[PDB]
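Summary heading: complex between progesterone and HTH-type transcriptional regulator MtrR.
In what follows, chains carry the letters A, B, and so on, assigned in the order in which the sequence lines appear, proteins first and then strands, with residues in each chain numbered from 1. Ligands are counted one by one from 1 in listed order, and the atoms in each one are counted from 1 as well. Only heavy atoms go into these numbers, but all of them, side chains included; no hydrogens, no water, no symmetry mates.
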Amino acid sequence: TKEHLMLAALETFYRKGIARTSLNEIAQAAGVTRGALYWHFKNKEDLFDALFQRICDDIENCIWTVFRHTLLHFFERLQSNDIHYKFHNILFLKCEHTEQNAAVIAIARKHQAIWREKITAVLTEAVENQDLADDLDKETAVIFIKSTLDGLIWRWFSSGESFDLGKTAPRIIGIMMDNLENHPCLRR
Amino acid sequence: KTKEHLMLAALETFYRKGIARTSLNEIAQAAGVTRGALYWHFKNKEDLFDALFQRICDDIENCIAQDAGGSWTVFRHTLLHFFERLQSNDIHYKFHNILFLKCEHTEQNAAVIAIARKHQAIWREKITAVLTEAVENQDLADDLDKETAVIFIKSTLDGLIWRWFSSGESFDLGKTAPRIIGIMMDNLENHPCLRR
Ligand SMILES: CC(=O)[C@H]1CC[C@H]2[C@@H]3CCC4=CC(=O)CC[C@]4(C)[C@H]3CC[C@]12C
């Protein structure tokens, strides 16, 4: 039930962006009344919330060496999975930071916060297995990892997928992994 | 004269409501200028935006003689100066904020996006030339893969900008940019996976 309402929201978000999308438009695309949507999702914010939730759940249910493979499969998924493609397209390209979109942005910052605590934890555990050095600057390292991954995603979507993500993502990730283990700039 | 006032007005409004929701008429209302005076400087909205991108680019290019021994060194200085300016120059902050966060890739914005893609292909070519000079100068290896390195540089830099704006400027760009740039330059110089 609720899953049908989410995908229409995702599809509408993908064509018009979040700002210029209305509940009315979503309920029509799913072919239900404005009243029927409201029972499950009280506003656009909540649909966006559930959609981000399915993305994070997808990534969770597919599981330091695991970290690498999790990064690799995230970028494959962007190409082969239609929902992950559209959601991150929407997040990066169709989600203006205007005052109208303020509740959405707050929702997205909530999920981004979880993603950060989770990276912080993986690094915390990796330092103990002697995978990473004990004087690793973890605060810098987490800005580094997210900035690396954000940059590839933004560069891929904003260039209109003008390069081969399947060939580029592994090289970017491997280099990132190398810098985390070895580069002195990432040490305290 | 008052073409600057129209430009600052367009910048402030784009920053307020994003590009798509902003109108030609409300820019001129914020600039204290008649509609016909606006069409006297600016045929439409994407020309205002193109003139904003041009000003950002002029500002950056104009510093390069002052950023300059050797050009691979100049590149490093231009990158560092860019993020410095992002922090200290309101026009450059607002413009890149608009570019990354207030310019939806919808059909309503198609003309503006085409303009943005034009200034980026120029930036692409400028990188490709910087790299090319650095191979001949022996600052980079003869078997560097220029096509990969360009995507690498743009990816790295886009990520830092996107991260900083998205996070609400929640980390110190003045401390992070040199580290990010340091690592990127090191990789271009040394990392095997950027060679062919
Ligand atoms: C002046 C200069 O060398 C140009 C060539 C490459 C350009 C950068 C390439 C990546 C980039 C993407 C943007 O969205 C604007 C800022 C930046 C960070 C550009 C700033 C100006 C640079 C550094």
Quiz item: For progesterone (ligand 1), which other chains have at least one heavy atom closer than 4.0 Å?
Solution: B
Quiz item: Which residues would you count as binding progesterone (ligand 1), with heavy atoms within 4.0 Å?
Solution: B:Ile60, B:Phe75, B:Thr78, B:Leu79, B:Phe82, B:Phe100, B:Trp123, B:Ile127, B:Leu157, B:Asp158, B:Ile161
Practice problem: With heavy atoms of B:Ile60 as the reference, note each atom of progesterone (ligand 1) found under 4.0 Å away. | Solution: 1 (C)
Exercise. Could you list which atoms of progesterone (ligand 1) come closer than 4.0 Å to a heavy atom of B:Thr78?
Key: 1 (C)
Quiz item: Atoms of progesterone (ligand 1) less than 4.0 Å from B:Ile127 heavy atoms?
Solution: 5 (C), 6 (C)
Exercise. Identify, by atom number and element, the atoms of progesterone (ligand 1) in contact range of B:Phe100, meaning under 4.0 Å from any of its heavy atoms.
Key: 14 (O)
Quiz item: Which residue and atom does the covalent bond from progesterone (ligand 1) terminate on, if one is modeled?
Solution: none
Quiz item: Going by the order shown, which atoms of progesterone (ligand 1) are within less than 4.0 Å of some heavy atom of B:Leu79?
Solution: 23 (C)
Quiz item: Against heavy atoms of B:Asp158, which atoms of progesterone (ligand 1) measure under 4.0 Å?
Solution: 11 (C), 12 (C), 13 (C), 14 (O)
Quiz item: What does the entry say the source organism of chain B is?
Solution: Neisseria gonorrhoeae
